[PDB]
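Per chain, numbering begins at 1; letters A, B, ... match sequence-line order. Counting convention: from 1, in listed order, for ligands and their atoms alike.
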2 protein chains.
Amino acid sequence: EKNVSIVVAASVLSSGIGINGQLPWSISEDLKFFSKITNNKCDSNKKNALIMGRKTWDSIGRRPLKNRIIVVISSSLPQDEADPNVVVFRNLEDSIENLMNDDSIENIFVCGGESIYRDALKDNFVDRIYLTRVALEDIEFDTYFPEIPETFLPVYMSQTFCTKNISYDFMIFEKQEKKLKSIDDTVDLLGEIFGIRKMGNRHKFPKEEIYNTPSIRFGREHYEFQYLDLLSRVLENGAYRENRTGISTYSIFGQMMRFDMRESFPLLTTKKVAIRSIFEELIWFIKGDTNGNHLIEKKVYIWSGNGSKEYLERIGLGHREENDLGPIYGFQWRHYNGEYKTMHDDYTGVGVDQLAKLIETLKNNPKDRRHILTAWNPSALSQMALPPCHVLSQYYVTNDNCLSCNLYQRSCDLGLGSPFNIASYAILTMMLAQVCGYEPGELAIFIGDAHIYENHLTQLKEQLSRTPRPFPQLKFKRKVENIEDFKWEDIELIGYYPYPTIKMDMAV
Amino acid sequence: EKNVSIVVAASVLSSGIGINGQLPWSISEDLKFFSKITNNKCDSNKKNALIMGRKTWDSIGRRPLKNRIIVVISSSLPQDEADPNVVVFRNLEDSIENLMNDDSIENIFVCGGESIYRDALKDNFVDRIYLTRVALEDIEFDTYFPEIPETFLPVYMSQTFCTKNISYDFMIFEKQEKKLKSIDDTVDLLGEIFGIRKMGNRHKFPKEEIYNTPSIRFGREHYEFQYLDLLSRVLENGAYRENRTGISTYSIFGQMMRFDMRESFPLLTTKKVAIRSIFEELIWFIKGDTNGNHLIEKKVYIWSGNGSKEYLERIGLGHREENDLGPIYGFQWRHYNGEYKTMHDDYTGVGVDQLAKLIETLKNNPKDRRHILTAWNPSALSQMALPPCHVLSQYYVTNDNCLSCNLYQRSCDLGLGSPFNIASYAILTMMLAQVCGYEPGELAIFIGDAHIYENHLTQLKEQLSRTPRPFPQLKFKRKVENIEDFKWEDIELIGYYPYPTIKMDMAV
Ligand SMILES: NC(=O)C1=CN([C@@H]2O[C@H](COP(=O)(O)OP(=O)(O)OC[C@H]3O[C@@H](n4cnc5c(N)ncnc54)[C@H](OP(=O)(O)O)[C@@H]3O)[C@@H](O)[C@H]2O)C=CC1
Ligand SMILES: NC(=O)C1=CN([C@@H]2O[C@H](COP(=O)(O)OP(=O)(O)OC[C@H]3O[C@@H](n4cnc5c(N)ncnc54)[C@H](OP(=O)(O)O)[C@@H]3O)[C@@H](O)[C@H]2O)C=CC1
Ligand SMILES: CN(Cc1cnc2nc(N)nc(N)c2n1)c1ccc(C(=O)N[C@@H](CCC(=O)O)C(=O)O)cc1
Ligand SMILES: CN(Cc1cnc2nc(N)nc(N)c2n1)c1ccc(C(=O)N[C@@H](CCC(=O)O)C(=O)O)cc1
Ligand SMILES: Nc1nc2[nH]cc(Cc3ccc(C(=O)N[C@H](CCC(=O)O)C(=O)O)cc3)c2c(=O)[nH]1
Ligand SMILES: Nc1nc2[nH]cc(Cc3ccc(C(=O)N[C@H](CCC(=O)O)C(=O)O)cc3)c2c(=O)[nH]1
Ligand SMILES: O=c1[nH]c(=O)n([C@H]2C[C@H](O)[C@@H](COP(=O)(O)O)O2)cc1F
Ligand SMILES: O=c1[nH]c(=O)n([C@H]2C[C@H](O)[C@@H](COP(=O)(O)O)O2)cc1F
């Protein structure tokens, strides 16, 4: 009784693994992953066996792998004993003789194509699966990886990596079996004595029925869980509260999310996020614009709700034009403390150009601690059609010339605003990184009133049922002179294979 | 072979447990803790044995405890078999015949005073310790709890609680024995392939030699660990970087801390924090003052460094008076966007009184999401002697009438500034809570440039060697009409028993 693991690199959707006797891709780090998993052993005087089919044995040049014993499953290969690092068996069942008899073998690994993968799962020989999901689907395949049986459950999902603009994950699947210990009891008993006085009870762990992929307990490395587990945490501890709109929310205070931008782009995969509208809003801010029609003219109606004549007169802005949102994001960025008249006037030169100073400070004094771009100005809050949600952001240049970003958000619509704020400030960091000459780094979002609107409950609960997929890659097609020169055609979204879009109405 | 645990509630320093045949305090929740700990059993048809001395047996009225068998260790009590829930033995060793003979007993608990505690530890009969540390030490004791031997190591430390303004902790100590498994290996191998491309390697777990009380792995509930583990994370991942001063730091980006204020006060115990100077700085901000002499007149020299004539002329403020810090904290609070002349002029009425609007909004509109108090004003940054470190703060009223606080900090001097910012915004939250009529809630601090100055290394490593003690209680002695009426004599610090103060020089 030893371990029998499966190592495979399959496509994210169709689970393709090969085409015309070779791989559909060339990822160097994945092969190194195959090296270390198949070499990882405990006994020095032992070797791991790698089982593969003849067609696969041909694909790897018919040459042995160092420090490993290759087991070829071929119906017509000569069982020659000359090579001690390569042995041939007639069928897969008879080849699993090393478990009980061959004590010189520590672990067993299955990695030999569809015919061996499917036969190893249909006969219940497998104990664990090492799946390398690759974000490639608009190509051709002829050999696929079988559907993972119900007996297996994911226990680990690595962060999204990148090689030649190709995103990929690393997952572990374990087979279900049958059916520190004192610390958990003492914390529970303290939770029974102090009701909500103990802070642990105020932040209860999300229940299994609202935890996204609850089988992955200790291996929640994928940074989309930083958003999906916040949804779960709100569903568990959110207090039903009212607000300025008629749609009440479930709200918790003081939450944070953390995303990687070096090897991926934090665009959610559990729901098709309108990436174009995110950009057009961001470049709208950068340009210094407050005209709400300029987004509607580009078929982006995100600010149409808070920019209706009925809404502005309702909040005391009847003198304002239809979509004159007022000094908001992109007016405190480019013209801070500037006397706001209307959205048609020329504001060139007035105010404090924070973005310009931010860019110039990022390149002249990178290790400066004051790379701050704020939007909360109490003098102009009364003029705003909606006070800023993402109020203040700070930027950081690491020693390896990477640009990280921190953002504080006073109010976070986890249904709609959060998927936008994650991608919006990710693109803004990448934009700042290119103009300043650095690489994208990490993105951390600090949240105050993290909430879910009550009409988003059935929708977001559906989103939590979708096991996430690797983040896509976002690369720019050209280097721009100034930051405002970016256009939608300059962005290339690579490997975005999300779940179907989810409709949720905005609370005006 | 079953488990033998000891349950004790001792004072935090001298470990006193009794005086004149009774307890030195009256904490109801502690007795309820003793109830659930001694009753926690797995078998329905089994009872836990509670061992105690005669003097202790007298202290509890000589009456049995429900669902439990009390074992009295007395040299001259009659071994009466009339009561089946109380049995008497002559010595402690002979009383431990429940391990091998009486299978009707599941667990054994030692809880019978000094004479039984010392004999149970000197003879190595104990397997686990349930310690309830109480923050009372300036009273009299006559019975103490023996010092925990080196064979025991702490594995859990609960959050600081409160009963009648008495702070107390719950800890677990386990005796050392001799000397999921696949997920950790796969993450390690991914760390060998991707160097710093994998985000996990940029946030490596702190090594044991810099982890405060590294024996407490899964039970780091005490929220002083939210600060001590930030020190460890900086020591592990901090990049050596320069700054505006000559003292280089080790800095990491995007960290957060979370403290409880309902049942405790987040004043660090691993170092004697100058609590008075914290208050005088805070009330200085609230009053709207920017005159540095008003703190020096009260023997508070924290802002003396950034207010020397040599420093102001060094940063381009030679025209400024000796300690005229300029529009800083407490001038953007009370007079935001107010044209700052000097520190002697009258600024009453000018600017935007954020604090006044914040107070008025906190009680009139509690579920508002705009309870924000900012200090980052780009128009006046050049006039400031030092840009704001704690830039923006947001406040939140829960459904149970508690006031929580969020704070974003752009730069964090973990040696000096951080212990002050934790207590300063804790006091400010409590002050706002009393004036508005709410109770203190949670305090979350979000940090950008969390760093340690290199001249603080020997000191902070010393601070990490001190296992923390329960937080003290801070209560106000009177209700004030306006928030500015607070005085140092109005604050009462209850149960603060910290480790000796640690001297660290400020980087000017
Ligand atoms: N992405 C990835 O992780 C991997 C991808 N691949 C790719 O998959 C493709 C190859 O897989 P595939 O097409 O399925 O072919 P296989 O690799 O599964 O090899 C099949 C051969 O093995 C022998 N064989 C298989 N099953 C039996 C059996 N039950 N009894 C006796 N002999 C058996 C036969 O050899 P014989 O002719 O002697 O009868 C058969 O032709 C290639 O493109 C390869 O590159 C391969 C491995 C990993
Ligand atoms: N804070 C806490 O968790 C607890 C506090 N306490 C406090 O501690 C105080 C009492 O403890 P303490 O003063 O140490 O007295 P003890 O509770 O330890 O009881 C001592 C008695 O037990 C008997 N005894 C002890 N050792 C032996 C032995 N080796 N052989 C035979 N008999 C023995 C003797 O009884 P005899 O007279 O018959 O010889 C002795 O007088 C009280 O104030 C009590 O409130 C007690 C328990 C818990
Ligand atoms: C059978 N096969 C196809 C193949 C390709 N990619 C995969 N990727 C994964 N995740 N899992 C597999 N089973 C897998 N199999 C192989 C097997 C070994 C090598 C190989 O070259 N291994 C070298 C790797 C060289 C290097 O370090 O990059 C080794 O040392 O083991 C390539 C393809
Ligand atoms: C021996 N002793 C002294 C005493 C007091 N406080 C302690 N506190 C701790 N943490 N540990 C002890 N061993 C301890 N012992 C005792 C024992 C039981 C009760 C007691 O009244 N127990 C009731 C508790 C009643 C209630 O629920 O509040 C029970 O149901 O067990 C009081 C003092
Ligand atoms: N109460 C409230 N006011 C807001 N003002 C501006 C925004 C940002 C915003 C506005 C609209 C959408 C929106 O409806 N977007 C959809 C996609 C919705 C989705 O994520 O499925 C789209 O326009 O394509 C998203 C963010 C916003 C919000 O979320 N909530
Ligand atoms: N570069 C820099 N500038 C600062 N300006 C104001 C502060 C906050 C500050 C300043 C001085 C002290 C200080 O010296 N405090 C000592 C004790 C220091 C301590 O051990 O905590 C005291 O006031 O008694 C503490 C915080 C501060 C800081 O930390 N770093
Ligand atoms: O970028 C945005 N992100 C976001 O989360 N919101 C949502 C948060 C909240 O649901 C609403 C503002 O409501 P309130 O004014 O009460 O904070 O806007 C809006 C944006 F423009
Ligand atoms: O309340 C404070 N908190 C704090 O952390 N600092 C430290 C942080 C940093 O070490 C220094 C400011 O340096 P810089 O202006 O380059 O960010 O002041 C100062 C305060 F007044």
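Out of belumosudil, evobrutinib, methotrexate, amenamevir, darifenacin, the compound modeled at ligand 3 is methotrexate.
The macromolecule with the greatest number of heavy-atom pairs within 4.5 Å of methotrexate (ligand 3) is, in the PDB entry, named Bifunctional dihydrofolate reductase-thymidylate synthase. Counting only heavy atoms under 4.0 Å, the other chains near methotrexate (ligand 3) are A. The contact residues of methotrexate (ligand 3), taking heavy atoms under 4.0 Å, are given as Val7(A), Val8(A), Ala9(A), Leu23(A), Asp30(A), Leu31(A), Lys32(A), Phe34(A), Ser35(A), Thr56(A), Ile60(A), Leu65(A), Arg68(A), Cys111(A), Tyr117(A), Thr132(A).
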